[PDB]
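Remarks on the structure that follows.
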Amino acid sequence: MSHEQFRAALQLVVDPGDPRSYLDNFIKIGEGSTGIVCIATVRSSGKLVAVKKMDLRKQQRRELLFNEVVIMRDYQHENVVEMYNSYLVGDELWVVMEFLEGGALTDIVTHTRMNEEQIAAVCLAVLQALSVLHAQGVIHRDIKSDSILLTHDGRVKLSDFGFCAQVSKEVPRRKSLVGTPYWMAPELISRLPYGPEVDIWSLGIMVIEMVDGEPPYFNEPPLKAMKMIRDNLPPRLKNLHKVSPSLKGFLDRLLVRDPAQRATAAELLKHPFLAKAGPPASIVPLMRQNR
Ligand SMILES: Cc1nc(Nc2n[nH]c3c2CN(C(=O)N[C@H](CN(C)C)c2ccccc2)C3(C)C)c2sccc2n1
């Protein structure tokens with residue numbers, strides 16, 4: 001999708017006008033791969049929202065950015081980040097979304113050591129989001145700690161649907177090589193027709209992140225790690241004994257090369273390990289401003 005097609009397509013789906021007519025005090029607080037993030041106040045309520053600003057020109061695979069707004073608009077799930085509106089301002093796409101104070105899960109996995117109560121909490125939240133998404137034919141395709149955001153009270157939400165896809169009876173499988181190298185499913189790296197199961201394998205890699213602090217082969221070049229995930233046996237935990245038999249069995253249902261034998265999200269929700277999931281409050285102590 002080209003710069004012109006991207007803008008033309010967006011004009012048909014975005015909300016009309018400029019959000020500056022109702023949002024005040026824009027302050028940049030960060031960035032992402034496709035743009036920046038500002039916080040702003042809803043003039044009428046004083047409520048805080050996050051605004052993602054993305055240049056229409058300086059982008060890659062704009063079609064995926066377009067699907068992210070089309071597919072995820074009107075989407076509502078307690079474990080999925082909320083999108084309120086979208087607008088075209090100048091040569092930029094502005095997406096007004098929910099502001100989550102807890103930050104991403106990556107900050108936590110690289111600065112502390114989560115316990116099985118915390119991990120099961122994140123897994124349960126992500127799995128609740130995936131079971132609903134997959135049932136509707138939506139595949140996230142970029143599951144990793146960076147894509148998990150936390151609320152101030154410790155609630156877990158799936159974010160960054162920039163690589164998502166929608167499969168249907170018409171087209172039941174995808175073949176695009178998308179995501180982040182270290183978290184990509186083997187059948188996906190292999191360019192084979194794949195389905196929702198790719199998210200389950202990625203989640204498995206995210207579990208290794210929560211346990212060891214990084215995904216497998218993180219010390220290897222991205223293309224090299226991909227070959228190893230694609231051709232070698234499932235990656236293993238360095239701290240294999242640091243986990244309970246419950247978590248080992250859980251992880252063994254995610255990291256299965258043959259997607260047909262890999263567990264689905266709906267099934268995993270019934271897995272024993274998740275019974276150890278603590279409450280939202282158990283996650284709070286992990287956050288930076290609380291460490
Ligand atoms: C920047 C930032 N955002 C925070 N919280 C948020 N609330 N709502 C959102 C965020 C970050 N968001 C987001 O989309 N980030 C991604 C990146 N991934 C890694 C999370 C992104 C941004 C721009 C372009 C592509 C991708 C949304 C949902 C708006 C928070 S909390 C404490 C510090 C902090 N710093």
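Position 1 is the first residue of the sequence; numbering continues from there. FYI, side chains are in, hydrogens and waters are out, and symmetry mates aren't considered; it's all heavy atoms of this structure. Method of determination (from the header): X-ray crystallography, 2.1 Å. Atoms within a ligand are numbered from 1 in the order they appear, just like the ligands themselves.
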| said: So I'm looking at this entry - what's holding onto ligand 1 the most? Name it the way it appears in the PDB entry, please. | reply: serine/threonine-protein kinase PAK 4
| message | Wondering which of AEE788, PF-3758309, TAK-285, TBAJ-587 shows up at ligand 1 - can you check? | response | PF-3758309
| Nearest-contact summary for atom 26 (C) of PF-3758309 - protein heavy atom, Å | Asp160 OD1, 3.7 Å
| query | So is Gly35 close enough to PF-3758309, meaning a heavy atom under 4.0 angstrom away? | reply | yes
| task | Would you indicate which of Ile148, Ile29, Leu149 comes nearest to atom 27 (C) of PF-3758309 when only heavy atoms are counted? | result | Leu149
| field | Element-labelled atoms of PF-3758309 that are located less than 4.0 Å from some non-hydrogen atom of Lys52 | value | 14 (O), 22 (C), 23 (C), 24 (C), 25 (C)
| For PF-3758309, which atoms, with element, lie under 4.0 Å from some heavy atom of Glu101? | 31 (S), 32 (C)
| Is atom 32 (C) of PF-3758309 less than 4.0 angstrom from some protein heavy atom? | yes
| query | Which UniProt domain of chain A gets most of the contacts from PF-3758309? | reply | Protein kinase
| task | List the UniProt active-site residue of chain A that sits nearest PF-3758309, with the heavy-atom separation to 1 Å. | result | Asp142, 8 Å
| request: List every atom of PF-3758309 that sits less than 4.0 Å from any heavy atom of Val37, numbering the atoms from 1 in the order shown and giving each element. | output: 1 (C), 22 (C), 23 (C)
| field | Protein contact of atom 30 (C) of PF-3758309 - nearest heavy atom, named by residue and atom, plus distance | value | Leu100 O, 3.9 Å
| Which residues overlap between UniProt's ATP-binding set for chain A and those with a heavy atom under 4.0 Å from PF-3758309? | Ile29, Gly30, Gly32, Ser33, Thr34, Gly35, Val37, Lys52, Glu98, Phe99, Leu100, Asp160
| atom 24 (C) of PF-3758309: which protein heavy atom is closest, and how many Å away? | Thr34 OG1, 3.2 Å
| query | What atoms of PF-3758309 come closer than 4.0 angstrom to any heavy atom of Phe99? | reply | 5 (N), 7 (N), 8 (N)
| Which PF-3758309 atoms does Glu98 reach within 4.0 Å, using its non-hydrogen atoms? | 7 (N), 8 (N), 9 (C)
| request: Give, by chain and number, every residue with a heavy atom within 4.0 Å of PF-3758309. | output: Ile29, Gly30, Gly32, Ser33, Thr34, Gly35, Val37, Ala50, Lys52, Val81, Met97, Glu98, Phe99, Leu100, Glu101, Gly103, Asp146, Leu149, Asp160
Identify the protein atoms, limited to N or O, that lie within less than 3.5 Å of an N or O atom of PF-3758309, and list each pair with its distance to 0.1 Å.
{"from": "PF-3758309", "atom 1": "5 (N)", "to": "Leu100", "atom 2": "O", "distance (Å)": "3.1"}
{"from": "PF-3758309", "atom 1": "7 (N)", "to": "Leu100", "atom 2": "N", "distance (Å)": "2.8"}
{"from": "PF-3758309", "atom 1": "8 (N)", "to": "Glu98", "atom 2": "O", "distance (Å)": "2.8"}
{"from": "PF-3758309", "atom 1": "18 (N)", "to": "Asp160", "atom 2": "OD2", "distance (Å)": "2.7"}

